[PDB]
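First up is the structure itself, then whatever we jot down about it.
Just so it is clear: chains get the letters A, B, ... in the order the sequence lines come, proteins before strands, and each one is counted from 1. Heavy-atom basis, side chains included; hydrogens, waters and symmetry copies ignored. Both counts, for ligands and for their atoms, begin at 1 and track the order of listing. Partial entry; contacts are within-part only.
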Amino acid sequence: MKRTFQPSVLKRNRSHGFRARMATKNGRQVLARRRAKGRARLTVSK
Amino acid sequence: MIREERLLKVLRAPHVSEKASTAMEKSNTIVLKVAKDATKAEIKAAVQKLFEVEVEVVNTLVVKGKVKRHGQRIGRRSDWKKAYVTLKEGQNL
Amino acid sequence: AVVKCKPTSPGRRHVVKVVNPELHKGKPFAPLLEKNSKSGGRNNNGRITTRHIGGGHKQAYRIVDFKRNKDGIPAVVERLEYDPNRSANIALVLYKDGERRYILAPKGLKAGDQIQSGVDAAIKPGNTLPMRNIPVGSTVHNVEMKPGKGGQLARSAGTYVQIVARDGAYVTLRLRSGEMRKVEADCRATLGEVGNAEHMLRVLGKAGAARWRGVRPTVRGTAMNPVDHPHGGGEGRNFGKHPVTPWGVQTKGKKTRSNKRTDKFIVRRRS
RNA sequence: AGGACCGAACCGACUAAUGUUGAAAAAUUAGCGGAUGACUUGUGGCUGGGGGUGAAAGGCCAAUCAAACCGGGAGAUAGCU
RNA sequence: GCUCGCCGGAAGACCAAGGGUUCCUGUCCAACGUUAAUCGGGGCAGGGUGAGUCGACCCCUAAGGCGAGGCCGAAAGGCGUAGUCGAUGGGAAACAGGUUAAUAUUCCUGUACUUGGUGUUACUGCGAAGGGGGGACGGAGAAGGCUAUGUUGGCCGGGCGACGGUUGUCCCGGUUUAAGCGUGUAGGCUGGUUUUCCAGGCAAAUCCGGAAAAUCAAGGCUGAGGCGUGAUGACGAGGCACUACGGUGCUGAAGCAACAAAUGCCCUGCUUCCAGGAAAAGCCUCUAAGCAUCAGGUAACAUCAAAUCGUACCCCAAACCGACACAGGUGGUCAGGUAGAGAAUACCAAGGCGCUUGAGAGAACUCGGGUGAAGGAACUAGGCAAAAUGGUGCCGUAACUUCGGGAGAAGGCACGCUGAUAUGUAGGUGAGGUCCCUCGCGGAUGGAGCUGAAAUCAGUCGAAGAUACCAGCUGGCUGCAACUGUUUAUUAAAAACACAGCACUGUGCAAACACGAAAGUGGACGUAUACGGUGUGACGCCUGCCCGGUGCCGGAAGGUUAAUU
Ligand SMILES: NC[C@@H]1CC[C@@H](N)[C@@H](O[C@H]2[C@H](O)[C@@H](O[C@H]3O[C@H](CO)[C@@H](O)[C@H](N)[C@H]3O)[C@H](N)C[C@@H]2N)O1
Ligand SMILES: NC[C@@H]1CC[C@@H](N)[C@@H](O[C@H]2[C@H](O)[C@@H](O[C@H]3O[C@H](CO)[C@@H](O)[C@H](N)[C@H]3O)[C@H](N)C[C@@H]2N)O1
Ligand SMILES: [Mg+2]
Ligand SMILES: [Mg+2]
Ligand SMILES: [Mg+2]
Ligand SMILES: [Mg+2]
Ligand SMILES: [Mg+2]
Ligand SMILES: [Mg+2]
Ligand SMILES: [Mg+2]
Ligand SMILES: [Mg+2]
Ligand SMILES: [Mg+2]
Ligand SMILES: [Mg+2]
Ligand SMILES: [Mg+2]
Ligand SMILES: [Mg+2]
Ligand SMILES: [Mg+2]
Ligand SMILES: [Mg+2]
Ligand SMILES: [Mg+2]
Ligand SMILES: [Mg+2]
Ligand SMILES: [Mg+2]
Ligand SMILES: [Mg+2]
Ligand SMILES: [Mg+2]
Ligand SMILES: [Mg+2]
Ligand SMILES: [Mg+2]
Ligand SMILES: [Mg+2]
Ligand SMILES: [Mg+2]
Ligand SMILES: [Mg+2]
Ligand SMILES: [Mg+2]
Ligand SMILES: [Mg+2]
Ligand SMILES: [Mg+2]
Ligand SMILES: [Mg+2]
Ligand SMILES: [Mg+2]
Ligand SMILES: [Mg+2]
Ligand SMILES: [Mg+2]
Ligand SMILES: [Mg+2]
Ligand SMILES: [Mg+2]
Ligand SMILES: [Mg+2]
Ligand SMILES: [Mg+2]
Ligand SMILES: [Mg+2]
Ligand SMILES: [Mg+2]
Ligand SMILES: [Mg+2]
Ligand SMILES: [Mg+2]
Ligand SMILES: [Mg+2]
Ligand SMILES: [Mg+2]
Ligand SMILES: [Mg+2]
Ligand SMILES: [Mg+2]
Ligand SMILES: [Mg+2]
Ligand SMILES: [Mg+2]
Ligand SMILES: [Mg+2]
Ligand SMILES: [Mg+2]
Ligand SMILES: [Mg+2]
Ligand SMILES: [Mg+2]
Ligand SMILES: [Mg+2]
Ligand SMILES: [Mg+2]
Ligand SMILES: [Mg+2]
Ligand SMILES: [Mg+2]
Ligand SMILES: [Mg+2]
Ligand SMILES: [Mg+2]
Ligand SMILES: [Mg+2]
Ligand SMILES: [Mg+2]
Ligand SMILES: [Mg+2]
Ligand SMILES: [Mg+2]
Ligand SMILES: [Mg+2]
Ligand SMILES: [Mg+2]
Ligand SMILES: [Mg+2]
Ligand SMILES: [Mg+2]
Ligand SMILES: [Mg+2]
Ligand SMILES: [Mg+2]
Ligand SMILES: [Mg+2]
Ligand SMILES: [Mg+2]
Ligand SMILES: [Mg+2]
Ligand SMILES: [Mg+2]
């Protein structure tokens, strides 16, 4: 059966990438929260 | 003109392997490790000045580094650049 | 001419089409073509604002001259063409100076016919004049509402406006709806009726034919649940409500016009 | 010519048996419907939660839907166990 | 290694997406692998991805995104102009052969091609952010001409058979060659040329558009394939020769024709239809400002350059999505032989596999199948399931009907093989030869050779000839829904939804209505033969009475009644 995760790198980066997060103030707050938690990976970018 | 500082930085090491040896002794091609940011023109000029050999053409590829495990800890080796430098049929490097 | 189809299949049995052998069979005139993509009834918020819109055949837009501004220069009708953007047919006309335009094709216009616009133009179908120069009692179409704006009324297939009275700076017009409206006398009109009057005699015949025209299915309010529509709900078929729109407004008789800015121009409503 | 006919690909899912700590959190086997169309499919895009979308089943919106998920008010309140 | 079995429109081959070293070699067997493991997609080490032409980057735009100023909004923000991004689409150029353990249109060999920078020569009006052209476009259908490809014959090399026969009308193997360059054919489109003039193309134009004469009758464009060259080459059966027995050195014959033939090409064509079928750049062309014995343009030649990144490997799957080495899911390309209408189905080729526990035994019972006396729905809620039917041609086919249907109604007959007609017919194809020719890829004639249904007559075998696989059960009465469609992903596919049609009602355009504190946007680049809402639901015959209640519409005298004063 067709499962929910159908990978596409371009869609992944356009939806969740660094530049997508920085384009909006709420995405920038996502980055701030993850930096404050100390995540080794801020975004799906790499 | 590429400067000599750049030319002395560009070449890193000779590459040793069965394919490299066969290239040298069949097609007069030396296989070199070069700088990751080195262009074909830079490799040609550097080889021509530092090894004093006339170069026919340069082919390059980027070698992706291997993921390895050291002491049950996961690391990765660096990518490097390999250059196939064909000499002009009488050079003997 | 209206032709009933033979019942060779259930989707064909009830089809009645309008075939016009006088329409151009080739491609439209390219310099007067533009693109127009479909909306799906969606506005710039991405939301559906008009229901039942979507799909249908791709269509290019034909630039049609509603202003009719080349006055003094005669034009010859090069041909009649099908226009997918409207119910009326259009006419490719060539001006004596070498310019080509599209116009709404009035009834009786044929290739080779001559037309002209301006105050000095003759009074015959296809000619465009200010209604101050058009006689009272005339049948006109493509009627301007503001001088120089371009025709806005009586543009559909087979429609026309009747000049009923002239008083001062204003003409009174009878519109297809039955309304009596005041328009400035300096507004232009084109003599005659819009052609293709048999447009209303076609029978689509099947659901797919409506789908071809970009119309999506209408679901009755009673067929829904209460959360979806005021008419929804009921074990079996129940109504017991005053009929309303999906947004709760009475939909059988309740008037919705509220324009005090243009009230003064209406002599009589359509009734 | 045809929302025409029979029938593969392709799309679907009417019956039965199996399976039900499965090979599988919806399938397999044998049959079954559509198969030039209101068809089907790849890539990309848009619509956001009392909101969307719905040929309308309260269906669907990431195995979650008569109001998604995540974090917070929050140790809600619990005459109940 | 030999044998057996399985797939073969796939269970073969090449990719995109996704993964990321899983690729190759050596080495090890703890753990991982549903068993063992010397093996592995496992551990460890080393190796491996070579491009002017393939792809990306790049130029160009779609949907859509963002958006200088700006407009709007308590703030955050929303929208949007100029623009700028954004492929799933448009835009230059490379092929064949050889080679590695592992890359190859990338390396080597041979033979090419494109675009640009210079410089020499010759000629010369160049010039854009502007104008025009072009790019540039649908569905269905029909046919011709071809090719890929296949079959047979010919040819070359070899063979003479474990058991009757096999020097022949016998058997086996091979019978391949590209891009490019030249030529310009089947087909398709279009009348050409010169002269004068002009309210159009945001200005100009010699370009496009329009008008008016003369003149000639063929001029142009496009275009598969073929042919020649590329190629005295390459490849090539085999033969000879090494092995550290996994692979490699030398040498090399023939390499043709006929027939069949696409879903590929001519074809972005042609015919027809309505539901009327992107954009922009590259490209061609025209001028403006302007440059103006400069620049620049065209042509030729020589020279230089063409960067960067990807390239291993899997890719219907043990490497992707499914927690698994999981009977699931996953877009594109290719399409051999016999039979067959076929990409169905059966059996095979090339290629790939036997699905990572085995070995016995031959109880009940479960699962998946085969057969079955006599009966034949008696079973059961119910013929559920099973059994049965099943092809082509021909004959023949009822009520009813909206005249299309019903209909494949129902039912019935023929069907293998051999010979004759005719040692291969009708048809299709068509060599040499022969004549003519606005002379070549021409025409007419002629039929050799090749291919090749179908019918009739005669005979013949079997229980059975549509023999396997494959492949409708049929008829009658009645409810519902007109019909094709849609739906509860995962217990409901239906009489439910939709539907064409009908009706009522709103709406005069800054439309009603909808999304939006707004600006705006959709409706619609539409304009009452239009658009929205509501109910009903093809079609036929029809749709009666009630306005008291609730709603809606109209009225505005009178009574009552807000802020205000
Ligand atoms: N399994 C056996 C293989 C299978 C493949 C099949 N195509 C054939 O292939 C052979 C093929 O038949 C042979 O052609 C011969 O025979 C043909 C007629 O039969 C003739 O047209 C031809 N002129 C003649 O030379 C060829 N020499 C070798 C091929 N391997 O036999
Ligand atoms: N004019 C007379 C027509 C002639 C054509 C014929 N096909 C039939 O058509 C009818 C058709 O049979 C009817 O189906 C019935 O019978 C089927 C089989 O027994 C059942 O599966 C079905 N449940 C049952 O309803 C149908 N209801 C209406 C059709 N008009 O009678
Ligand atoms: Mg090279
Ligand atoms: Mg490279
Ligand atoms: Mg509607
Ligand atoms: Mg409706
Ligand atoms: Mg309706
Ligand atoms: Mg409705
Ligand atoms: Mg509704
Ligand atoms: Mg319901
Ligand atoms: Mg309600
Ligand atoms: Mg009820
Ligand atoms: Mg009720
Ligand atoms: Mg059909
Ligand atoms: Mg479904
Ligand atoms: Mg099935
Ligand atoms: Mg059917
Ligand atoms: Mg079918
Ligand atoms: Mg319900
Ligand atoms: Mg769900
Ligand atoms: Mg709630
Ligand atoms: Mg609290
Ligand atoms: Mg608690
Ligand atoms: Mg073997
Ligand atoms: Mg590894
Ligand atoms: Mg391996
Ligand atoms: Mg083990
Ligand atoms: Mg052991
Ligand atoms: Mg390994
Ligand atoms: Mg700003
Ligand atoms: Mg914006
Ligand atoms: Mg834009
Ligand atoms: Mg761009
Ligand atoms: Mg693309
Ligand atoms: Mg490989
Ligand atoms: Mg051929
Ligand atoms: Mg590869
Ligand atoms: Mg397994
Ligand atoms: Mg699997
Ligand atoms: Mg598939
Ligand atoms: Mg098959
Ligand atoms: Mg047994
Ligand atoms: Mg048993
Ligand atoms: Mg048993
Ligand atoms: Mg049994
Ligand atoms: Mg049985
Ligand atoms: Mg029996
Ligand atoms: Mg019996
Ligand atoms: Mg019986
Ligand atoms: Mg009984
Ligand atoms: Mg009975
Ligand atoms: Mg009983
Ligand atoms: Mg049954
Ligand atoms: Mg059966
Ligand atoms: Mg009954
Ligand atoms: Mg129905
Ligand atoms: Mg009916
Ligand atoms: Mg009825
Ligand atoms: Mg159906
Ligand atoms: Mg269900
Ligand atoms: Mg079901
Ligand atoms: Mg209406
Ligand atoms: Mg308007
Ligand atoms: Mg408007
Ligand atoms: Mg509006
Ligand atoms: Mg309407
Ligand atoms: Mg409606
Ligand atoms: Mg109904
Ligand atoms: Mg109904
Ligand atoms: Mg309706
Ligand atoms: Mg009052």
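The drug located at ligand 1 is named dibekacin. The macromolecule with the greatest number of heavy-atom pairs within 4.5 Å of dibekacin (ligand 1) is, in the PDB entry, named 23S ribosomal RNA.
Chains touching dibekacin (ligand 1) with a heavy atom below 4.0 Å, listed by letter, come to E. The residue-level binding site of dibekacin (ligand 1) (heavy-atom cut-off 4.0 Å) is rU151(E), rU152(E), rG153(E), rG154(E), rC155(E), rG173(E), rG174(E), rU175(E). In this PDB entry, the source organism listed for RNA chain E is Escherichia coli. We find no covalent bond linking dibekacin (ligand 1) to a chain.
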